[PDB]
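Below is one structure, written out as structure tokens; the observations come after it.
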Amino acid sequence: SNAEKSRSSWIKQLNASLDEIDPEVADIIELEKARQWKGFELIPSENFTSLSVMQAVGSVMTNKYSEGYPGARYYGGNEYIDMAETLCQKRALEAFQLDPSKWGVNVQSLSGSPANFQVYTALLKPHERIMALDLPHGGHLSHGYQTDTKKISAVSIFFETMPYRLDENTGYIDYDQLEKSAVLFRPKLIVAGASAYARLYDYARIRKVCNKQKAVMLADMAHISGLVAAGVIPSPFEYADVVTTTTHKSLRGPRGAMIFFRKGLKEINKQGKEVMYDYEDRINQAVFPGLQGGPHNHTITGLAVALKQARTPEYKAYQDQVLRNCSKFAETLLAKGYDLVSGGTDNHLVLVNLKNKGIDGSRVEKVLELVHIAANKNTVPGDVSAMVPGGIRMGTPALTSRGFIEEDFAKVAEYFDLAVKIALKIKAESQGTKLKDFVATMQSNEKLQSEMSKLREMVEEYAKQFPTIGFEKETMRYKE
Amino acid sequence: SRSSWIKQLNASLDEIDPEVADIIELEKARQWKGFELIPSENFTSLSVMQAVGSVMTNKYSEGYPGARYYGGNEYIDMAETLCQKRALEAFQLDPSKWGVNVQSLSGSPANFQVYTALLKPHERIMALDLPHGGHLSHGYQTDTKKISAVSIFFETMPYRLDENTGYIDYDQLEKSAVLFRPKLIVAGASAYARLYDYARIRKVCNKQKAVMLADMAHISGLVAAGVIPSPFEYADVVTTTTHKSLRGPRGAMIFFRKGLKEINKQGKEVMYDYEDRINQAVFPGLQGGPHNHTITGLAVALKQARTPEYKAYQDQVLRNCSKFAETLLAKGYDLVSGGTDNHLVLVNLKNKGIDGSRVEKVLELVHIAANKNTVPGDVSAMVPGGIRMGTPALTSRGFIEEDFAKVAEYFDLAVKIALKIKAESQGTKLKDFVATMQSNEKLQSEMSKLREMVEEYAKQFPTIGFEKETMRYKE
Amino acid sequence: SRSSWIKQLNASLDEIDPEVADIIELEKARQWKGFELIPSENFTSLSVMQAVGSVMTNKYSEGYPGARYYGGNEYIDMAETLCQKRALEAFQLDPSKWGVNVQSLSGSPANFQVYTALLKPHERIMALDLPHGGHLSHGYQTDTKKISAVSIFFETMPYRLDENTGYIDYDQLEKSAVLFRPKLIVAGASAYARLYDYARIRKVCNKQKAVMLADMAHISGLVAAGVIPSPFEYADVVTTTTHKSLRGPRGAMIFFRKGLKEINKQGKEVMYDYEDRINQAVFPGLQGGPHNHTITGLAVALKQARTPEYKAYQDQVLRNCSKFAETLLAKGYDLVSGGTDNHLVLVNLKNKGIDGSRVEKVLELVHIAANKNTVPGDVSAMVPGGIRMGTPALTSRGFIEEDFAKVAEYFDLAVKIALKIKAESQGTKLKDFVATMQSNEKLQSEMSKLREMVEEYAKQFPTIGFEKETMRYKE
Amino acid sequence: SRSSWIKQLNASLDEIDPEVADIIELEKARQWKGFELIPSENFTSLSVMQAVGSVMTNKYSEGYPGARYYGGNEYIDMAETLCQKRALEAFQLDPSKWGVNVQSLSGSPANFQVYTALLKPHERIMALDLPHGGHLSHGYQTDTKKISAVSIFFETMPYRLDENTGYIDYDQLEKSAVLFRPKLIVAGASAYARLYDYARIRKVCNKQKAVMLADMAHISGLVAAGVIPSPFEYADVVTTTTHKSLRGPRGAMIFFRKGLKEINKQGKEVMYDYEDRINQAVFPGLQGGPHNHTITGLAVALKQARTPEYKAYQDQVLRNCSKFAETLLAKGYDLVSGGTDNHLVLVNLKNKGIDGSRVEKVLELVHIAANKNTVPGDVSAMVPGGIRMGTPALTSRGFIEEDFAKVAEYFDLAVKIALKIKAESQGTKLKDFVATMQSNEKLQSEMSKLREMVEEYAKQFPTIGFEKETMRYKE
Ligand SMILES: Nc1nc(=O)c2c(CCc3ccc(C(=O)N[C@@H](CCC(=O)O)C(=O)O)cc3)c[nH]c2[nH]1
Ligand SMILES: Nc1nc(=O)c2c(CCc3ccc(C(=O)N[C@@H](CCC(=O)O)C(=O)O)cc3)c[nH]c2[nH]1
Ligand SMILES: Cc1ncc(COP(=O)(O)O)c(CN[C@@H](CO)C(=O)O)c1O
Ligand SMILES: Cc1ncc(COP(=O)(O)O)c(CN[C@@H](CO)C(=O)O)c1O
Ligand SMILES: Cc1ncc(COP(=O)(O)O)c(CN[C@@H](CO)C(=O)O)c1O
Ligand SMILES: *Cc1c(COP(=O)(O)O)cnc(C)c1O
């Protein structure tokens, strides 16, 4: 009686819906759905995943252990997991128009940050040297980072890192100083990859420095991979030895990562011997058995779906719109008196340098957040500290996914400008000059609270008009 | 164009990607019709999968609840904080003595994050030897190559079984540790059929002033249900995956002591110093944005782990494995350590005159999913002498003791077929075995008959996480 | 002003620096009047000292003979080439099978240079534990601190004595090495009274594919004379100091196999790969200009090592130590391993109720130079329980067997005084012992009488390296 | 057989080892007859050599004065304590602000001991690039190989000269240090002809919180005499050899700040933390028994460094080098940095159309001892484009300004012969140059004539450390 009652009970538990089993979690998800419906989402690393990707990520593919590689597994039962991973690899090469005799791919790395660590582990001995764009100048923690205080990224613990920096007069990477630094530092690997950079890489110049230094050229295209797949910006694959990327962000896939690497002939050396690329086995073995265990086959299957979408004409039109929206956004910001780092943009984001407006990014970000415009404060050339940012970073991928077009991003720039004006009013009313005096005014001044409520209402009414991505408005729990 | 990509983003998987949809339908049928005996596998709940497949995936939330780098994380914070508090409750932990990190992406990086938090590069780790039931994420090197990157960045040395008994040789562990001076000792295994002597590991770690890390990935659901002894009584740090016996999404958790540790010889309080180091190793040290969809599904799985029916499930996992072991022993099989006290068994096939690679090939063809596995005494990790099997996944579908007696019977029938294939093989090589297995009409018929028996038995049990009635492949 | 600084450059030490001249005269008297029993000390020849005190000191000669980075080295090349030739001849080595580096400045950096040549940073070394008779330059760390920098830059693990027998526990060494996987194993000691089983070390090194380094510093002169078995029969690399039983200047040599490997060890390379790596680690890796005054003095010492007189000397060293041990045993002293096969003994004072620190303080006051020394069983390495003594230095002055029986008698009388100071000591601590030792007039008189007995006995023997007749201090 | 080996031990070098005695006599004659221009060479005093060749060599004295690990060291303690006292006095150092270690065996291990004391393995060091005049013990690696072991165990990066001016580019050093974050910066060189901007290095070290290490090996005697500015005004740690301009024995010293460094923001004293770390790195970290004969000779040399005659000598060293540089420039040679402010010059032969290897071969044959040396602009490290020369050694023999004008003339005549050999060489490889140099009778006659000119000039000056009248080889 009790034994069978219990067995029926745990089977019911396993087959019941989330709404029935865990209403508290279901409610949180419904609140997050409403949040994604109502906001101006300008964080340039964020996007809205398709329903079909989410259905694959939420499938029974999660149940399987499949250590190894297709057709070379350690466990049985992997006939269909092998189909998915093989299909994912094939679509990954196709999405970037790569010759499979010249390029291989690993689709098992769990996210962007460990993907880079796996490349370093594959190709570098402990304490060998890496150069990458300095984090406050637009780099990423997974390329290394250390302050005067301590090593922040563990890449800087296990490997020896050194940054390269912007030309702070132009806002572009200072390639001349990168080259001169590399002569002295002797990197074994140079990363060409940025997060908060409004320009595209001079991959040809990085390639020249890497050739002279006999360094691996790693392109980390996480922020731009969807633009690359659509063919609307130049491809790092024209030059790089290894290419890493997140599968989320501009690719618009599940949370995950890919590692691409050259295969085949590198050069015939001076003795007439072929030198072959030595990346495939080293990288595949660093991922497994080196640093990961069982692949996440639900994510790999969702990635295959995302990579199919990436080849379509609709996806190319989407990425074209991302760029055109960002240019219109930049146009409108310039017309309204804002300064852009490097003077403009060539991609999906802008960096606004707020110095000429007489207020910093931390104050503006707080007002934007209260009116449901998501952006983030950003270091700009000229800041005295990497902890007091003078700028704001904003981008177009997420709202473009919901159907914002050029005229809509002109409106986004208008509402951003209205938020900046409120921030300046709060600063003017602030009894003091420190950020705590600013937030005290921002939370007690009823007149300025009312202006922010009004602007928040304007933001939400504009955003709500657009389709929701990945779920239906009609079945949302929270329709106000 | 605008309407064009909106439609693409909101279309079903069936509409957008029929090839992937069909692969998932084939995998559903595989999970329905087979004996899934890999002891690290389970069938997770529909509710977990609905959370993992939700829009929680869209948000970037680097940092920790209430201490994020980006805004817009109010509801992500609700989920992660709920997950953390449910994690401590699932193991009946006092939150003033234990903290938890729920962001680690899987079991292997979770262990690497602990080492990065607490050890400098090239500091010393001891753990169970991989061929004796350990795990790659604790270190492993051969005579010629460092296989796990743990053994590249840290200095590793194994401890071993008593090959006479199949239990860990704690006496030799203690003696080795005196000479090797580990800074951290791992108590955890992938292919060990017995309970750990955590008290003995604690004694060695105290003497060596080493961190005691319990890696409970395989047994975490048994621990949560309170049906085997808990490593939290003894350990400094506990890692676990969330997808094995815990029956959650693919992910991991890191638990650590916090608060007051002891009073020194001078009357001063000494506090634990794990929490900040581990949290910072996970982020910003080694990971970026948390996978909020997985964390949300983990919260769901942790609520399930508190229920009476979940405890009944884990008690059944244990009783099923005991019955499974008893039946295998009665049929003449040798088990490493002679039996089991948990969810798995390790069959040593050497006394039957055949190896694990050959038997596993037959199992695969009759729809029994297991893994060939090294046994103590194997001279090459490429020629495994054993098969590893366990009860979590089929117990989730409702297999009870008499059903696992049947599983042992069908395993034995598969071994008998493998022995016939070996006897008929025109050579001694694995490729000769495979050629016979694929060309011999009589033995192909026997395998087809056993496959039909396995599928007919498995099909009668409920499907977990999807509806049998709507499956594409119902035949 | 220029003729005067040239006068100061050519004047004698007596005229230029009477304070230093007086210090040397006091040290000459100390060497004349004492029982010098530290087994690593000797009295080198006048001819060695005249070469070390020559204008060979003025030359920079980085590189190797005939391959220098500076001009002017025609005669420095003759000296280094002659030194190398005599080094190989001193140990009866085939120059087609053995090479030598004579530039290493002393024993400790010589070993570090071998590790740097053959091991990557953090690779693994095994050697005899320091408290069991090993040496710091083979690695050493305590529970809390890495003491030798060898243990900072490389990963070290000790092997130990069998505490019951006092001999190296080779069985435990072999079992430990299986788990630890050393890349290099050191066979050599500072306070081991028995002969090494070099054949057994070779067997373990072969199984582990580890370099066998013999550090023969203490026994090199015995080896050169052929009176004990040679480590060159087995080792890959042999290091030594030149100032202990070899009786040369302060310095070191590194010997290494070269040429074709044994038939069963030839592979991708058929030749040994030690010579270039070791020579390059010495220079340009870790040293600069060779000390050609020392190298020239070493050439002199190596020629002396070939003579029948030198062989007779080393024979007497062994017979003196055997007699010394027998006399100590008959006077009730416990010896580690119960005796000796070489030039030293290690007295364990446990059966006497007093430690090495107390006894050595009395020895020093009665002009007997020895060292307190850890013994097996000591609970702490700061409180050594033994005294180490040996025969090389006094044998050089002509002490024979009956003279070392007298040395043992006077050692015994010193221990008895130490026991009286302990018995009269109020407190239990070493400060109270020293307080008694410096304030008790009766025991101060007994130490004075014993000091006179030691000095009267030692003064009868020839001085080595200088003449009694020109000593400043003749009383 | 006692009487036989005791006579062996007390006989003179002439009696025991005529071959070695002969080599030393040949080297004496070479030091009499040649132009010794290697700027790291000197001629030390007889009194130093008598101390280095004394019975102080016989003592083991591990530890520090008054803190030895065993007995017999009463007089060795006097010598080391006296040497420390004189070391601080020679550089006018306040003993409450500076300490010193006098046990480091030579300059290269002294620097390695400082790194081991103050830096963990793989921490970062900046120093002057070897091809720009730096030293191997500050680090050196090529694209293919780590040459100095400093670059194996630590992470090194060079700073460079302004190749237009030949002075250190301090602006680039500072900018490089921002990016590289060195933990230690070396201010010292082997072939830099200008004075260091120690104040600028101090400012960079302060901004980077890096240790400022001055390696003053080449200039130490100039510093002691007060004829150039002192690195002790700025540096945290100062290393030096003792055998170059200091004019002492072959050895080294490590100086370090001690005592109060600063008061922190809470009013608490902050002490320097160099002394214990450095002393413990020397022993027990990296060395064993001190070389007390060298330490005793060093004490002698340090007393000699205090005299007015010594100051007059170091002033003459500078004036001689200035005139030497002026004469080389007048004869058409290019100097790196266009001149000198210290004891050496570096000739860049590019404008003469010949490399340093060819020129040094002729110098050697005409008894001018110098070294081929890399210069800025050299494409290959193995094809040095320069010749390094300096004045300490011949100034010690009484050369004055007009004499170094003649040295420059004879160097010029040797270069002219080298150019003739090159012109007569049919091939362009160095072996063809050597073949021409050894077979051309006319050019051999010219080298023989120039050799006779060099010897006739050099022989007129006093010999340092020995008397001409007792030279075995006067012809
Ligand atoms: N118990 C157990 N756990 C496992 O995880 C496992 C695996 C998968 C992980 C694994 C992979 C490669 C090697 C490996 O050894 N690779 C070598 C092969 C050659 C050699 O073994 O010397 C290599 O050089 O790659 C060892 C282990 C195989 N057999 C296993 N058994
Ligand atoms: N056999 C033998 N060989 C030796 O060379 C030796 C020595 C001299 C070298 C030495 C110096 C310090 C420590 C040392 O350990 N220092 C510790 C303090 C002691 C401890 O912690 O146990 C430190 O912290 O410095 C250990 C060894 C003392 N006793 C010895 N015995
Ligand atoms: C103790 C332990 N710790 C960590 C892990 C790694 O988890 P991951 O596969 O999610 O990285 C495992 C996985 N173990 C799997 C894969 O080998 C198994 O089949 O046993 C484990 O057993
Ligand atoms: C085996 C061995 N190898 C190396 C050394 C180091 O020689 P060094 O003192 O010249 O550095 C020693 C010194 N041994 C001295 C100091 O401890 C002794 O009294 O025993 C040694 O015994
Ligand atoms: C600045 C500096 N520091 C250290 C050293 C090393 O001294 P050592 O040769 O005694 O090891 C040198 C040696 N310099 C010698 C050998 O290169 C020379 O001819 O210049 C040095 O120039
Ligand atoms: C976001 C990003 C990453 C890291 O991805 P995560 O999934 O957050 O670990 C790595 N590189 C770049 C350039 C990125 O923008």
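Each chain is given a letter, A onward, matching its sequence line's place in the list. Heads up, chain A uses the PDB entry numbers, so what you see runs 38-517. Chain B is numbered as in the PDB entry, which gives 43-517 for the residues shown. In order, the residues displayed for chain C correspond to 43-517 in the PDB entry numbering, which applies throughout. Numbers in chain D come straight from the PDB entry, and the residues shown are 43-517, in order. We count ligands from 1, going down the list as the structure has it; atoms in each ligand are counted the same way. Recorded method for this deposit: X-ray crystallography, 1.5 Å.
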Trying to sort this out: of pemetrexed, noscapine, vandetanib, which one is at ligand 2?
pemetrexed
Per the PDB entry, what macromolecule holds pemetrexed (ligand 2) with the most contacts in this model?
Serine hydroxymethyltransferase 2, mitochondrial
Which other chains are in heavy-atom contact (under 4.0 Å) with pemetrexed (ligand 2)?
C, D
Protein heavy-atom partner closest to atom 9 (C) of pemetrexed (ligand 2) - residue, atom, separation in Å
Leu178(C) CD1, 3.4 Å
Identify the protein heavy atom lying closest to atom 26 (C) of pemetrexed (ligand 2), giving its residue, its atom name and the separation to 0.1 Å.
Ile189(C) CG2, 4.0 Å
Which pemetrexed (ligand 2) atoms, with their elements, are less than 4.0 angstrom from a heavy-atom of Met424(C)?
19 (C)
Within the structure, does at least one protein heavy atom fall under 4.0 Å of atom 29 (N) of pemetrexed (ligand 2)?
no
With atom 7 (C) of pemetrexed (ligand 2) as the reference point, say which of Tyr112(D), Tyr182(C), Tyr111(D) has the nearest heavy atom.
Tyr111(D)
Which UniProt-listed L-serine-binding residues of chain C does pemetrexed (ligand 2) come close to, with any heavy atom under 4.0 Å?
none
Which residue and non-hydrogen atom of the protein lie closest to atom 24 (O) of pemetrexed (ligand 2), and at what distance in Å?
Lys187(C) CD, 3.7 Å
In the protein, which heavy atom is nearest to atom 15 (O) of pemetrexed (ligand 2), and how far is it?
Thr184(C) CG2, 3.6 Å
Residues of chain C binding methotrexate per UniProt, non-hydrogen atom under 4.0 Å from pemetrexed (ligand 2):
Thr184(C)
Shortest heavy-atom approach to atom 27 (C) of pemetrexed (ligand 2) - which of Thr416(C), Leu172(C), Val425(C)
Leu172(C)
Which residues and nucleotides contact pemetrexed (ligand 2) at a heavy-atom distance below 4.0 Å?
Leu172(C), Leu178(C), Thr184(C), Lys187(C), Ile189(C), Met424(C), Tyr111(D), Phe325(D), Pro326(D)
Give a table of atom pairs where an N or O of pemetrexed (ligand 2) lies under 3.5 Å from a protein N or O.
from, atom 1, to, atom 2, distance (Å)
pemetrexed (ligand 2), 1 (N), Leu172(C), O, 3.3

